[PDB]
Peer 1: 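I'm staring at caffeine bound to 5'-nucleotidase and have questions.
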Number of protein chains: 2
Amino acid sequence: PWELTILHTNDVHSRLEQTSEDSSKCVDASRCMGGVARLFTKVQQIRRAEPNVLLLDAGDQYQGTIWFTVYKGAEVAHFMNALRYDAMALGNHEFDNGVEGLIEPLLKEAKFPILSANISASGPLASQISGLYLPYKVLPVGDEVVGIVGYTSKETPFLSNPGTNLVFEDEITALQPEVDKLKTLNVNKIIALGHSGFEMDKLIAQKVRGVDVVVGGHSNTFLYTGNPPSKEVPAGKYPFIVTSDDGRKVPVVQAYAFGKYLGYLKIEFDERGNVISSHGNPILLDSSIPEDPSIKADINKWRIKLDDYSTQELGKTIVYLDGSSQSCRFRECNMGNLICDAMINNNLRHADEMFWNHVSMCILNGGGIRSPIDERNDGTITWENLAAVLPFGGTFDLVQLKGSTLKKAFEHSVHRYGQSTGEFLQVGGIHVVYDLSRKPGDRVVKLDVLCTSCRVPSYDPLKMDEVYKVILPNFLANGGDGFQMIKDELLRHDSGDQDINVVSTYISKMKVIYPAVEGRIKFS
Amino acid sequence: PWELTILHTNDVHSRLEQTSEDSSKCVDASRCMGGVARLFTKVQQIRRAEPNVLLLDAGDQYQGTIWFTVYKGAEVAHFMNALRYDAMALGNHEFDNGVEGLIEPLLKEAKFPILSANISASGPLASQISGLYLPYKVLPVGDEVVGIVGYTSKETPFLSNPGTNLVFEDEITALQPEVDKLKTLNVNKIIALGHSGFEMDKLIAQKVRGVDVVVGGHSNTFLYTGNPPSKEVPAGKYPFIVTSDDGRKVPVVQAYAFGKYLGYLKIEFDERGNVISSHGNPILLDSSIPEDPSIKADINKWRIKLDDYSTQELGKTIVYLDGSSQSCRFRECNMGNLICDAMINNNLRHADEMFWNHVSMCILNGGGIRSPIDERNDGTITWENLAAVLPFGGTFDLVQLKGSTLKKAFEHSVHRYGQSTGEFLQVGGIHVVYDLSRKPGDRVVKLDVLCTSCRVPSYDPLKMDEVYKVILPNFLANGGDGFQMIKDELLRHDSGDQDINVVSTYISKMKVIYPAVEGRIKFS
Ligand SMILES: Cn1c(=O)c2c(ncn2C)n(C)c1=O
Ligand SMILES: Cn1c(=O)c2c(ncn2C)n(C)c1=O
Ligand SMILES: [Ca+2]
Ligand SMILES: [Ca+2]
Ligand SMILES: [Zn+2]
Ligand SMILES: [Zn+2]
Ligand SMILES: [Zn+2]
Ligand SMILES: [Zn+2]
């Protein structure tokens, strides 16, 4: 039997430095985790011991911290080249800075193949991009070869900025002929590496004949066999075994997100490329593993430009930005209006004749707004100021919610009004009226929402059975601040851009901001 | 007696081409008026007949048509140099593109002195601008000399974009020492040429000892002795005689606006520089005066770049821009919200610790919105599209109104609701609720306005005795669409920027717009 070691990361999301336990800023180094210097140590160790090793990334290196804001992907090419990745699949966030911000910094600078079989271009762009990403690569491994076929979320146009040329094809439809073609070229060991989420990974394992292993991403899925090593709760065993339509057992793996874990799967193949066995587990990259000193020194050198950037002017405000708890946990506050407006602006994507924009609505718990910004520093706003308001290193995500769920959320928002609790909601594209003289649970007396399926945006009553797209913190999509109804009832959830980066982009674009308190939230 | 002919223009406001009777676009050439080609004919004629002639401009050449949008003052330097102006005073609108847009195109390219005695600079800007404008110029005229002393509205920081360095001093305080100094240099014939408005011109005539003639602007004041030649109603005789504190008679002149008239004042002086007599009248520049063929040919050549600019993309909309009468004369319409938002953005000026901005409020009669803009031309908006919405060539002006006046205006807005009349108001920084079941005159049941004297903008009830700044069309400041209460009751009125230019600037800055109907106007 020929034994392959697959080492894999996904959704690293700009966690170049070691992080806290919850993948925010590292404060107590003896409890910090991940980062590329520690990943380098562990990959180097495994490559010393195991003969046949591939190091794979299933996409979404782009987006998540100030590293991406400043270096725009040059950090990804540099540090992935230093760790000697063997292949990467394109994720949705690789399109955040458009095609041009993918071609230049990543596709031209990576020393490893970048893959996606389900993205096609036309016109001049097809000539410009030809060969800079590939459907698959056949890689030598010891005295064998392994085919790696890539795939990217078909939902990328809703979740990033790929532009109107590129077309994202159904993953299974695009993959099967490429896997068919590898079989005709005598490549009998095939890894599908891609970025569509755990549910689609299982469907690919089931339906794409000839795929031996699926290495995925997007859904930040944690799989584990045994007692979990940290706080993440497993969605299933590692690997997750799918019974294929061709009647094989196909292992499916993912490794959470944020560089906290290194996926590690050992596959035994027979002489005909059939998987005889598969076993492994993700490795927690905790402080017991030292940071490679050379990578850490390069990381500290690259940090200098980040520190310099963090105190530069992004834009100006001519208004005080009231992010005080006394405002934002009790009533409409202008800092909440600013952040929700920035969240909606971040989610303007290219539209059908069917909507002016696919999403119009935002909610933000006042518990998430942690500072005001004073306008009397010559109106200057810096990144450092925004990091005081939004200190948790979260994302602003897209969810689909029934109107009944969202009405429940607005009831939760005031269920114990008066105590300075964090669940009080700041909004965009939503007008709510409360009557606090009613029983908890029955205090929302008006709730109107901004249409999407309309050429002129206007407000309509919320409908209980209708499914709304909403931009909201990752923290609330995960039921934070008591919003269990959101976690339990949401129909779709895709992670979005870093919270600070959303607001800093909007302020940069606007140049001069003056958000008002304007009646989005009233009390009767 | 030594006889001087003063020819003078003021508030020409980018009317390089001949205009209609009401100073909008020329449609029936046999009834058109003004423009620099006709002004050239008439000035040339007078210079052939009269020995001692000065051609003076009292400021506000900048701003008013697409000529300024595209050429940014290069057209002013070019055509004023062709007509051989002898001197110009700085107006407020000369600061519309900041100091840099005054230095370069006008102060560096004018072949005639540019004057203002009441503007001072400090730091590097004082070195950069030194001598490029002057307090006064002594000009040879035949075998005599005439001193010309300049002045500019002290209110320029509220009415344009001069920046935070320049300081606008009280006109009379700044002028007297300069006039004193000319007396010490044996210059006994002194013209005050400046841009502060008719009321301040009369105060200067009264109080600045040694001034013999005041040639002013800003207030678009029409003076006439006799039957008026056109539709403009005189504010007083030409010249308007002020009895000075030193007990002389001092003539004060102005010549309306828009290049429609050439001011013409004949002054007889005695050997000691005392005015013995003054007489004249503005000359209507009507079609009986031919356009100089050489200037007209240069005008037609420069127009090519205007026609080219007018079809270029300014920005995009992802929403239909509903400027239909069926919407904007009956309810809140998103095109009205766009234009009011653009009007408020145009009026962001540099602020004290005392306000976030000096003005927060806008009203726009639906009668002034004349077209929608379809978003299905790839979202493109051009100047030509905006000219369909705003076809009258007006300005968006700043007025001060008591809250009682503005409540009267909102009652007028719905006094005969239901007939598709133009007075129905679109708004910004104002939330109004009507109850149409009440008697005409008593239908406004809520009227809340955006604070200025506040660090966080929020809405408060309108107060009847408080004076509000409002941005609104020139047409309404003049009582158009039945708003007689605005014309009769306003406490201050300064003309602002061209209507189309305000909206095109905002769209350019924003890049992508998506104005909503959001509850600024409701019905109970
Ligand atoms: C209140 N709150 C938290 O307490 C929090 C968080 N992310 C992590 N934590 C712990 N966010 C975004 C938040 O709003
Ligand atoms: C309705 N209306 C007019 O009729 C008009 C005008 N300017 C001139 N006229 C005639 N404006 C701006 C306007 O709103
Ligand atoms: Ca196989
Ligand atoms: Ca005199
Ligand atoms: Zn991701
Ligand atoms: Zn993803
Ligand atoms: Zn003017
Ligand atoms: Zn003026």
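Lettering follows sequence order; numbering is per chain, from 1. These values consider heavy atoms only, across backbone and side chains, with no hydrogens, waters or symmetry-generated copies. For ligands, and for the atoms within them, numbers begin at 1 and follow the listed sequence.
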Peer 1: Name each chain or ligand corresponding to caffeine, including duplicates.
Peer 2: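 Copies included, the answer is ligands 1 and 2.
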Peer 1: Which other chains does a heavy-atom search at under 4.0 Å around caffeine (ligand 2) pick up?
Peer 2: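 Within the heavy-atom cut-off of 4.0 Å: B.
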Peer 1: Define the binding site of caffeine (ligand 2) at 4.0 Å using heavy atoms, by chain and number.
Peer 2: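 On a heavy-atom basis, the binding site is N365(B), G367(B), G368(B), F392(B), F475(B), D481(B).
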Peer 1: Should you measure from each heavy atom of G368(B), which atoms of caffeine (ligand 2) turn up under 4.0 Å away?
Peer 2: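 Those atoms are 14 (O).
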Peer 1: List the closest protein heavy-atom neighbour of atom 8 (C) of caffeine (ligand 2): residue, atom name, distance to the nearest 0.1 Å.
Peer 2: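 Here the closest protein heavy atom is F392(B) CD2, 3.7 Å.
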Peer 1: Mind looking up which residues in chain B UniProt says bind Zn(2+), and which of those have a heavy atom under 4.0 Å from caffeine (ligand 2)?
Peer 2: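 Of the UniProt Zn(2+) binders, heavy-atom contact within 4.0 Å holds for none.
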Peer 1: For atom 1 (C) of caffeine (ligand 2), what's the nearest protein heavy-atom neighbour? Residue, atom name and distance, please.
Peer 2: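 The answer is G367(B) O, 3.5 Å.
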Peer 1: Just wondering which IMP-binding residues from UniProt for chain B are within 4.0 Å of caffeine (ligand 2), heavy-atom wise.
Peer 2: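 Of the UniProt IMP binders, heavy-atom contact within 4.0 Å holds for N365(B), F392(B), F475(B), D481(B).
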Peer 1: Taking only heavy atoms of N365(B), which atoms of caffeine (ligand 2) are found under 4.0 Å from at least one of them?
Peer 2: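 The atoms of caffeine (ligand 2) under 4.0 Å from a heavy atom of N365(B) are 14 (O).
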Peer 1: Identify, for atom 13 (C) of caffeine (ligand 2), the protein heavy atom at the shortest distance, and state residue, atom and that distance.
Peer 2: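 Here the nearest protein heavy atom works out to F475(B) CD2, 3.4 Å.
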Peer 1: List the source organism for chain B per the PDB.
Peer 2: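 For chain B, the PDB records Homo sapiens.
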